Amino acid sequence: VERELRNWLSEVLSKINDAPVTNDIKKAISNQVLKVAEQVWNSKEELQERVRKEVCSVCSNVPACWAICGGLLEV
Amino acid sequence: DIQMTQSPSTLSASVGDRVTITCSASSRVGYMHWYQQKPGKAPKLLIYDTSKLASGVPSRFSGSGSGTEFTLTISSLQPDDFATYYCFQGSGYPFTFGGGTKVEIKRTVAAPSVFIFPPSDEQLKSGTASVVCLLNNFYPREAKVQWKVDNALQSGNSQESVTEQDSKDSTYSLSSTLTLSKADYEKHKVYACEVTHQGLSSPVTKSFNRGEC
Amino acid sequence: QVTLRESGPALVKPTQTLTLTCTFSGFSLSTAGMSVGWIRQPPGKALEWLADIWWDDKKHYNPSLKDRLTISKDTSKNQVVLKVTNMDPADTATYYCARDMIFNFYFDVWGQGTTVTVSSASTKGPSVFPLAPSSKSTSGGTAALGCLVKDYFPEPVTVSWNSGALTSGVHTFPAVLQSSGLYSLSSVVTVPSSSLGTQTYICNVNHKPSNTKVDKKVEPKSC
């Protein structure tokens, strides 16, 4: 399963770099995706909404940021 | 753009004092990192993000701040904290550093050991002669060295060089090299180095004669 | 273990083009989130970020060097190449390549750095001379000795003692600029006088620009 989730990981990171947000937002979302993909090591359709809501919590207040973040995780 | 002023530019403090360097930006910035650079060595990451110690950095180092004002602080200054500290930002291109902050260790006065080196025979084989006067382990770095050849004063023909502060001693070392031709050098006998320093009761003179040894 | 090493010329004549190569190990520029940046430092000046490259071949440059910077990445050889054009004498500096990550957005592991000097003049290897433990002139309860590295260009020389065996009491002075237009530094070391004749001392001088490597035995003067 390591190959599978690592493919997903690299894909979403590449998508993060291309996003129209400051490097701080990229930094936050990237570390969140790292944590989620390495706490797989450590309610079966809603994971796509759990992962999405965990990694994009970094936006918090601003709704704008939630937008681009979720868009990253849809594709 | 995104640019930051550090203050103070330089600072002197005794071992153990709390010292704080302030990096202030020109825009709201997410994080502020800190690098410590020893003389003639690559910068080392000291504080990453805003308050996280990089590997090996002792607990004496703390970092804090937000928005457009950040600080690096050392709780108790150690003699090994002689360095230049640069703040760094990575939240907006282009990456910019702070101007820099040189941290020097204030110390109790110490007098120098004065040694003297006649020119090597290999250098004499090349028509030039260099007499190296060496002042060792003293504080402060301000020290007046003067050359006296056959009791005649010298200018023009010598250069000093001072080391960085000692990482354990917080002292200094200085070398005054006096350079002549083999001709001029062999035209004279006694060569004297007179040092005046804060730590000496009155000036020291180390000297030699040309033929001896 | 992450490790970067810069490589490039020690000398470029003005208006030539500088080609710097960062060679790294411990990570790869193909794995996601990775990056390598170039930061330079002019003598007696602050640090200055020049460029950075990412695993997805994204590139950023400092605007201050507009049009003169071109960075490239070769993941196969684990190398990055900065090319700076129209070299001025104010761009004389030590150039570092460092690693970066999208999680960090700061440089954690730096190379050792490579010094490049922009000048018309030719390289010159240094002369190394023994600063012999003078019989009466460098002794108290301990004795000092050293090496004088004279008349070289450009910076830098590296001076070790006994191939690094002797590290303590070593004072390698910064290079001063003489009237000649060439640099010169001494490297002394304090040892106990009780060990002068018993122990042999050699100093290792290395001038990368002129490809000079010398090892000189500093022995005492017997009068």
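Each chain is given a letter, A onward, matching its sequence line's place in the list. In order, the residues displayed for chain A correspond to 3-44, 47-79 in the PDB entry numbering, which applies throughout. Sequence positions for chain B are given in the PDB entry numbering; the residues included correspond to 9-221, in order. Here chain C follows the PDB entry for its numbers: 9-231, in order, are the residues you see. Quick note: numbers below take in every heavy atom, side chains included, and nothing from hydrogens, waters or symmetry partners.
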Which compound, drug or drug candidate, is present at chains B and C? motavizumab
Main binding partner of motavizumab in this structure, as named by the PDB entry? De novo designed protein 4H_01
Most heavy-atom pairs under 4.5 Å with chain A: which chain of motavizumab? chain C
Which residues of chain A are in heavy-atom contact with motavizumab at less than 4.5 Å? A/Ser12, A/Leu15, A/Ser16, A/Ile18, A/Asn19, A/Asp20, A/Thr24, A/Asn25, A/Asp26, A/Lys28, A/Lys29, A/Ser32, A/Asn33, A/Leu36
Heavy-atom paratope, motavizumab against chain A, 4.5 Å: B/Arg36, B/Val37, B/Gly38, B/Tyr39, B/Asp57, B/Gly98, B/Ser99, B/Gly100, B/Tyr101, C/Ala40, C/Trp62, C/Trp63, C/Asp64, C/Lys66, C/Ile110, C/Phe111, C/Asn112, C/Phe113, C/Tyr114
